[PDB]
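Residue numbering in chain A adheres to the PDB entry, whereby the residues present occupy positions 1-419 in order. Order of appearance sets the numbers: ligands from 1, and atoms from 1 within every ligand. So how was this one determined? The header says X-ray crystallography, 1.9 Å.
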Amino acid sequence: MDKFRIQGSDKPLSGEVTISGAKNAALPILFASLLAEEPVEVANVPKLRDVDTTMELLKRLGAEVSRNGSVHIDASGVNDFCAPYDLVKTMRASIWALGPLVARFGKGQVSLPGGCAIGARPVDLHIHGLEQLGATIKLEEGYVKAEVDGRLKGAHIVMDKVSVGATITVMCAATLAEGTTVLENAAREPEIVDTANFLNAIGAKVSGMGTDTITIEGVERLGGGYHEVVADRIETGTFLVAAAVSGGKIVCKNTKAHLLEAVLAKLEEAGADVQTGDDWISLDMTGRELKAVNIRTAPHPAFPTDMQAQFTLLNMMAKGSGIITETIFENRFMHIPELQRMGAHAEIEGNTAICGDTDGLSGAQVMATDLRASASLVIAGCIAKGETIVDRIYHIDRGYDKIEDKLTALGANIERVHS
Ligand SMILES: CC(=O)N[C@H]1[C@@H](OP(=O)(O)OP(=O)(O)OC[C@H]2O[C@@H](n3ccc(=O)[nH]c3=O)[C@H](O)[C@@H]2O)O[C@H](CO)[C@@H](O)[C@@H]1O
Ligand SMILES: *[C@H](C)[C@H](O)P(=O)(O)O
């Protein structure tokens, strides 16, 4: 059990970071490569334990996989169709294997994900999406088992609710169905756009991505090809917040402002000087007062739930109260009790956190529990007085490529410690 040991400072975090490819685009694209009959190259793939878990599932199902800068997949030989209980419990994104397997091979099993602390996370929309495409699905011994006789069939699918995951499941599966799929009330996240762009690079016909209505005209087989994953907008946001809450200046390279306009506008609302270029974003906080903002999480292009913990920290440190309402995962406030151990002030009322003022943080032992809660704990440790120990940081390594190297380059004192 790795830990982060952090020596806090009042010196601003400043300098440059180079942004990695989006975890949340890399993962679905890797599962979508289960559709592909010829070799695939996915470039700009972050080095994350979820990418490792994905590669290990891909290999288990029969694809030949290897990596470094790119990930290389030869899925021609896929010859197994189960995502085991052990693998799904380590990462629920493995649910994405169900769609391509059933659409390509007419059969697939994926363990049904268990409980998650951040809120109810059912997969009813994924199942119902596949049923509308012609799948027969049953639950048996904790397994979602899907079958179709022959090919899936294009259907008009109106999603009950906006879901990123379920959008990816029906979109990817629709690429191999006979005829046309119209997916209505689709999620508009950039990683949906990136996956659809990847499906097109491999021979699919997906249009409307980035809109509330995606059109997929199915083909018999997908080929292979090349695709460079979009930059991680949430890693981008995270470093920009690091700069803002510490009063520093940072340039995030290999990223793009169009992926996080909501976060950028709020960082300006919070008093930061945000500038952008062709593939960079900079924030300057030097000589500027941090003011609290109100935030309401919602689907893209609104402010992202994946930035909410990071902005709870910002508001906590900023002058003023700041109200954060979570409409996506109504219980994603596990970082708050940990931050309160460091002397942060906030009240939690239902799905609303009201962030107070504090004079400053004070290092303590705190525990990572989910990806973004962790990142906010690491950042707080960098700005607290004294030594913070963040335990169970394997959570962070699921979602960030060597965050401690990138923070070190911005002037942080952070050590990865083993046991
Ligand atoms: C691996 C990955 O890409 N994960 C991201 C993805 O997760 P994920 O794809 O699970 O998130 P969804 O957009 O599907 O979920 C949004 C809401 O819809 C609900 N829901 C979802 C599916 C379903 O079948 N039924 C249902 O009720 C969920 O409980 C949640 O409250 O989008 C989230 C919202 O931006 C991000 O926080 C995650 O980092
Ligand atoms: C729900 C279970 C959370 O996302 P995880 O960090 O446990 O995967």
What drug or investigational compound is present at ligand 2?
fosfomycin (bound form)
I'm curious which chain is the main partner for fosfomycin (bound form) in this model - what does UniProt call it?
UDP-N-acetylglucosamine 1-carboxyvinyltransferase
So, at a heavy-atom cut-off of 4.0 Å, what does the binding site of fosfomycin (bound form) look like in terms of residues?
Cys116, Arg121, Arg398
UniProt UDP-N-acetyl-alpha-D-glucosamine sites of chain A near fosfomycin (bound form) (heavy-atom cut-off 4.0 Å)
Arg121
If you have a sec, work out which protein heavy atom is nearest atom 3 (C) of fosfomycin (bound form) and how many Å separate them, to one decimal?
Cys116 SG, 2.8 Å
Shortest protein contact, atom 4 (O) of fosfomycin (bound form) (heavy atom only):
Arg121 NH1, 3.1 Å
Identify the covalent link of fosfomycin (bound form) to a chain by residue and atom.
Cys116 SG
Specify the protein heavy atom at minimum distance from atom 6 (O) of fosfomycin (bound form): its residue, its atom name, and the distance to 0.1 Å.
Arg398 NH1, 3.4 Å
Determine the minimal heavy-atom distance from fosfomycin (bound form) to the UniProt active-site residues of chain A, naming the nearest residue; round to 1 Å.
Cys116, 2 Å
Can you pull the source organism for chain A from the entry for me?
Vibrio fischeri
Enumerate the pairs of nitrogen or oxygen atoms, one from fosfomycin (bound form) and one from the protein, separated by less than 3.5 angstrom; state names and distance to 0.1 Å.
from	atom 1	to	atom 2	distance (Å)
fosfomycin (bound form)	4 (O)	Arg121	NH1	3.1
fosfomycin (bound form)	6 (O)	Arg398	NH1	3.4
fosfomycin (bound form)	8 (O)	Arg398	NH1	2.7

